[PDB]
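Written out below as structure tokens is the structure these notes cover.
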Amino acid sequence: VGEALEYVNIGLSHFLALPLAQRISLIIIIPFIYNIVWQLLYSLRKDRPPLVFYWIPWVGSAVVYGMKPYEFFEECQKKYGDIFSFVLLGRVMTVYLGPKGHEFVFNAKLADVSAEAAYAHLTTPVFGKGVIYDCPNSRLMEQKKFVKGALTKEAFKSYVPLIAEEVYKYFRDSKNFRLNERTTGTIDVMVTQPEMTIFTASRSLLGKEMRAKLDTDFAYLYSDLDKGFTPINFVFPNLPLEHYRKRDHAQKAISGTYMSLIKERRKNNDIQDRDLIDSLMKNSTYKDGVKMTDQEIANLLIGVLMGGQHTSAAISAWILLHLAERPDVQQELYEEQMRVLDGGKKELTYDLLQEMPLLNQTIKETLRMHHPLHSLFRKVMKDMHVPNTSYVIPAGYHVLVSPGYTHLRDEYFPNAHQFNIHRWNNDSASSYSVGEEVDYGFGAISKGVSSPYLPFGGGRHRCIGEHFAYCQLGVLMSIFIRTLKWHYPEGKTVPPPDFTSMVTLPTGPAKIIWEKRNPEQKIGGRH
Ligand SMILES: CC[C@@H](C)n1ncn(-c2ccc(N3CCN(c4ccc(OC[C@H]5CO[C@](Cn6cncn6)(c6ccc(Cl)cc6Cl)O5)cc4)CC3)cc2)c1=O
Ligand code: HEM
């Protein structure tokens with residue numbers, strides 16, 4: 001009876017007097033044992049979705065999920081159906097696949113889930129404080145409104161010639177091309193596209209000064225800042241190491257430069273309508289009267305530029321890679337250019353961009369096959385019951401949604417792993433609210449998010465960058481197509497995606513060989 005409790009205390013005491021060898025081994029064994037025990041008991045619960053079994057505690061299914069998340073999702077879906085959890089480096093991720101999954105996560109009430117609690121630890125160090133995910137959602141909603149205010153049809157009309165100019169400059173000056181000197185060459189598209197993207201997006205969103213500053217050793221700070229933008233930071237945001245310091249330094253130095261330009265313009269009253277900076281200078285007052293600081297303005301510009309950097313660089317990379325084994329498509333895109341721009345005797349404008357459906361379909365189809373963000377997350381804040389199920393997702397869990405996975409299902413996109421731009425005949429718009437709409441603070445967007453095609457997400461956290469992305473990728477590709485033909489080195493094909501990077505970029509080196517359609521044509525201007 002009571003002799004039992006004595007031997008508990010005795011057994012407790014003999015424990016701590018075990019040989020240290022057996023002691024260190026014990027400290028490994030019993031959480032291992034317990035984990036299996038706990039998993040097995042968890043399986044009983046009918047108000048929890050299935051949990052993918054894992055051996056190593058805490059680590060969970062991290063390695064298999066990290067390397068091939070869609071193959072992992074496919075497997076889990078065969079066995080368990082569309083709702084299932086899995087452990088990932090100390091967190092419980094509840095996946096919900098398919099259009100119902102989109103509905104569950106993207107249209108989750110503000111009360112139930114938090115994007116900032118899922119994302120802030122990565123982004124805040126990189127972008128800086130007070131903006132995006134380092135603030136309440138209603139602040140974010142309004143920051144998105146402010147940014148959108150520089151992303152208008154008239155802005156795109158003026159961006160097009162500037163982006164065009166940057167792309168031509170790059171063909172002229174970059175070692176990777178130099179078209180006034182070489183008629184053919186080889187490039188790594190994972191070198192060329194990040195540079196082309198930063199050059200074109202700096203010039204148009206940030207302006208001529210911030211573009212100019214890229215022709216200096218200031219450019220090294222973007223590289224530094226970029227290295228804090230990696231998934232590692234989702235779990236180790238701050239570690240006393242050098243690249244964590246090069247990041248912190250870069251955020252300060254880059255934001256300082258933007259603040260310098262901003263304060264400079266206010267000084268001379270040079271606030272026009274040129275770029276996103278001008279725009280945020282005129283329009284960054286919240287509905288409660290608080291103005292964003294010059295520091296928050298600058299931090300937001302870093303965020304925006306960083307966001308648009310990696311998604312677009314990735315996509316232009318993939319477009320080049322898919323087109324390299326598809327001279328039929330290159331030929332077809334080339335004809336559309338000849339028709340819409342009168343054999344090239346018409347200058348590219350934003351309006352004419354809208355009359356190039358095949359081009360835009362190519363972007364659309366590349367966005368389907370290569371969603372740059374394979375997993376979007378939220379942290380669960382209030383217990384969530386899953387509709388038409390017994391399941392309840394408790395606070396402290398995370399939900400994971402993956403439209404990119406659905407993009408690659410034959411059920412919704414017949415022959416989903418074939419690149420086919422003609423599957424978007426009669427549907428070349430970047431996206432569009434198929435029905436009723438809703439405004440979270442940054443404009444009216446689709447109310448339903450059940451579309452199997454969701455390259456830009458949906459709900460309150462929806463992308464506001466899609467028309468800029470289409471504008472930028474569209475001018476870029478229009479010119480690539482008109483200027484060059486390109487193909488793979490012998491025996492090379494489309495590389496598989498890297499799923500461990502921030503975006504699903506191509507696995508390197510991803511090389512193509514280009515050649516000038518007109519070996520004799522020259523790009524003017526000085527260099
Ligand atoms: C350790 C073992 C190894 C095998 N392993 N184990 C696990 N993993 C792993 C897991 C998951 C992932 N990732 C990939 C990246 N991913 C992700 C990245 C960015 C992201 O961004 C969401 C928010 C914040 O950033 C932006 C991105 N963006 C959207 N449009 C443009 N960019 C964002 C929004 C707004 C602004 Cl202003 C800027 C930015 Cl960057 O949206 C969401 C998910 C999460 C899963 C990678 C590796 C591994 O590598
Ligand atoms: C091909 C290009 C891009 C794709 C496919 C893409 C995709 C996405 C997706 C899926 C989301 C939602 C994330 C989530 O719900 O967790 C998102 C959010 C967002 N993106 Fe993009 N993006 C692209 C480019 C851009 C560009 C160019 C900009 C700015 C110019 C931008 C700015 C933003 C912003 C401000 C948000 C809101 C984040 C939030 O509300 O939490 N993106 N994007």
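We count residues from 1, following the sequence as given. Both backbone and side-chain heavy atoms feed into the values below; hydrogens, waters and symmetry mates do not. All ligand and atom numbering here is 1-based and tracks the order in the structure.
The name the PDB entry gives to the main binding partner of ligand 1 in this structure is Lanosterol 14-alpha demethylase. Out of itraconazole, naquotinib, avilamycin, reserpine, what sits at ligand 1 is itraconazole. Annotation: atom 15 (C) of itraconazole (ligand 1) to nearest protein heavy atom, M502 O, 3.2 Å. By the criterion of a heavy-atom distance under 4.0 Å, the side chain of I132, and not its backbone, is placed next to itraconazole (ligand 1). At a heavy-atom cutoff of 4.0 Å, itraconazole (ligand 1) is contacted by the side chain of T311 but not by its backbone.
The closest approach between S375 and itraconazole (ligand 1) falls below 4.0 Å for a heavy atom of the residue.
Counting heavy atoms under 4.0 Å from itraconazole (ligand 1), residue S501 touches it through the backbone alone. Atoms of itraconazole (ligand 1) lying under 4.0 Å from any heavy atom of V304, numbered from 1 in the order shown and given with element: 37 (Cl). Closest to atom 27 (C) of itraconazole (ligand 1) among all protein heavy atoms lies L373 CD1, 3.9 Å. In this entry, the organism cited as the source of chain A is Saccharomyces cerevisiae (strain YJM789).
Put simply, no part of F456 is less than 4.0 Å from itraconazole (ligand 1), judged by heavy atoms. In this structure no covalent anchor for itraconazole (ligand 1) is modeled. Looking at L122 against itraconazole (ligand 1), nothing comes within 4.0 Å, counting heavy atoms. Contact annotation: for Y65 versus itraconazole (ligand 1), heavy atoms closer than 4.0 Å belong to the side chain alone. Of all protein heavy atoms, the one lying nearest to atom 24 (C) of itraconazole (ligand 1) is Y133 CE1, 3.5 Å. By chain and number, the binding site of itraconazole (ligand 1) at a non-hydrogen cut-off of 4.0 Å is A62, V63, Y65, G66, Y119, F127, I132, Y133, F229, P231, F234, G303, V304, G307, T311, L373, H374, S375, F377, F499, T500, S501, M502.
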